[PDB]
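Structure of testosterone in complex with Cytochrome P450.
Numbering of chain A is taken from the PDB entry, so the residues present carry the numbers 17-71, 75-404, in order. According to its header, the structure was obtained by X-ray crystallography, 2.2 Å. Any value given below was found using the heavy atoms of this structure, including those in side chains, with hydrogens, waters and symmetry copies removed. In each ligand, atom 1 is the first atom listed, and ligand 1 is the first ligand listed.
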Amino acid sequence: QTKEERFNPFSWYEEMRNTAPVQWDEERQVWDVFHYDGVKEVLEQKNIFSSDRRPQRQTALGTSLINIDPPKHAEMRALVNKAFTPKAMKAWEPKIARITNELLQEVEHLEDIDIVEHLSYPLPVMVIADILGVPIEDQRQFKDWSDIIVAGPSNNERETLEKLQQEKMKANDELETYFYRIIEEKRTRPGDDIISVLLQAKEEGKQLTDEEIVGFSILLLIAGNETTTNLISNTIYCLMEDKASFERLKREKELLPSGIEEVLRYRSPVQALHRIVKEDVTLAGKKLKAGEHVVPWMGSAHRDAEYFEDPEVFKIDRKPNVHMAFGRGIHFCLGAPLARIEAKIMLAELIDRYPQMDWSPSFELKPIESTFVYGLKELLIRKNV
Ligand code: HEM
Ligand SMILES: C[C@]12CC[C@H]3[C@@H](CCC4=CC(=O)CC[C@@]43C)[C@@H]1CC[C@@H]2O
């Protein structure tokens, strides 16, 4: 399938919603769930559809929020919830604006810029590194590691697969090794960051192993390299694709939060997730069995015509917009407030500064090679100042 099509899975989504919104895929050995209500039930019904990824060695990543079920999930989420509320995140608006204007300043001398390299990717890893309290100087190791962990394979063969899994194991092992070192440093001289806050809470007897702190830290770091960058760049993509939306947005700046919500629906940074059936369940007439894997495609739910009038049309003012781009239920994204404010601040600045931006003459579509993570490796824009 050409790159063009891998950036447009929405035709396959449509085809499945209108034939079998829940179906077992022999090749990939999963139940695909494509319709809105099904994606919602899968994500919500945590006692039916489990988040525990059972591999034969567990990783620290496998003990973090995203891979644990109740009761362990609520106790662990509770320790970190207050650090990521919309109010907690208002303190960071000024740092984000400063970081945005710093990065913009560095490529001011360029007529043509890569949104991804110069803007959408640096800002979120700089925030997450300040949140974790690790040296931004390691950003290259952070991206290479995070890229492996979210990477997808070229094909479904047993030997391309087997070799990717090997790289992910090595990258987990090196990510763990790295953070165990950080954890010792921060026991010696703590800092103002969430690794210390967690360590301070383990001091005080909260049920918390150092492996659990490492895993959470790795989850955050990976989120800081592989999510908000695609919201921002995918937003610019939609605005360059439909210049009518871009012209309206420039005239009505108050539409930017709404426009970012519609990008979340329409070019979702995360197209799907993974669950495991805990006990036999029936779902749209299909007989799901204990232990089978399930893939709810939020990207497809987001085009479901019964919930989104004219699903195929990008509407910056879309109302209602009840998307599940950040999930649904007890695992709903922890960084959603942070993501929303990182995107608003950098996008507003970009649009204010380069109202005549357009595709660079060397632009090429370069979709990310992943099945879940959805975005572009590169987005070359001509400023036209
Ligand atoms: C546009 C940006 C983002 C998108 C689209 C996104 C998407 C998601 C989704 C769909 C989930 C649900 C996972 C599941 O149910 O398996 C999730 C969970 C999570 N997200 Fe994000 N994310 C984004 C940014 C961030 C950021 C910036 C952070 C942290 C700094 C973050 C941290 C987390 C964490 C820790 C969880 C696990 C919560 C739990 O399991 O209780 N995300 N994210
Ligand atoms: C990519 C993935 C689905 C999306 C997840 C990812 C782990 C890191 C993560 C942090 C988030 O905020 C949700 C999206 C992502 C990016 C998962 C690892 C295996 C699965 O394919």
query = What is the full set of ligands or chains that belong to testosterone?
reply = ligand 2
request  = Name every other-chain residue that has a non-hydrogen atom under 4.0 Å from testosterone (ligand 2).
outcome  = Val169, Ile241, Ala242, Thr246, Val289, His293, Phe391, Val392
inquiry  = To check your reading of the model: name the closest protein heavy atom to atom 11 (C) of testosterone (ligand 2), its residue, and the distance in Å.
reply    = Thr246 CG2, 4.0 Å
task = Identify the protein heavy atom lying closest to atom 3 (C) of testosterone (ligand 2), giving its residue, its atom name and the separation to 0.1 Å.
result = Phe391 CB, 3.7 Å
message = Return the closest protein heavy atom for atom 5 (C) of testosterone (ligand 2) as residue, atom name and distance.
response = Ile85 CD1, 4.9 Å
task = Identify, for atom 18 (C) of testosterone (ligand 2), the protein heavy atom at the shortest distance, and state residue, atom and that distance.
result = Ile168 O, 4.1 Å
ask   = Of all the atoms in testosterone (ligand 2), which lie at a distance below 4.0 Å from a heavy atom belonging to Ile241?
value = 8 (C)
key: Ligand/ion neighbours under 4.0 Å, testosterone (ligand 2)   = ligand 1 (protoporphyrin IX containing FE)
query = With a 4.0 Å cut-off, strictly under, does atom 15 (C) of testosterone (ligand 2) pick up any protein heavy atom?
reply = no
ask   = Going by the atom numbers of testosterone (ligand 2), which of them fall below 4.0 Å from some non-hydrogen atom of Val289?
value = 14 (C)
Shortest protein contact, atom 6 (C) of testosterone (ligand 2) (heavy atom only) = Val169 CG1, 4.3 Å
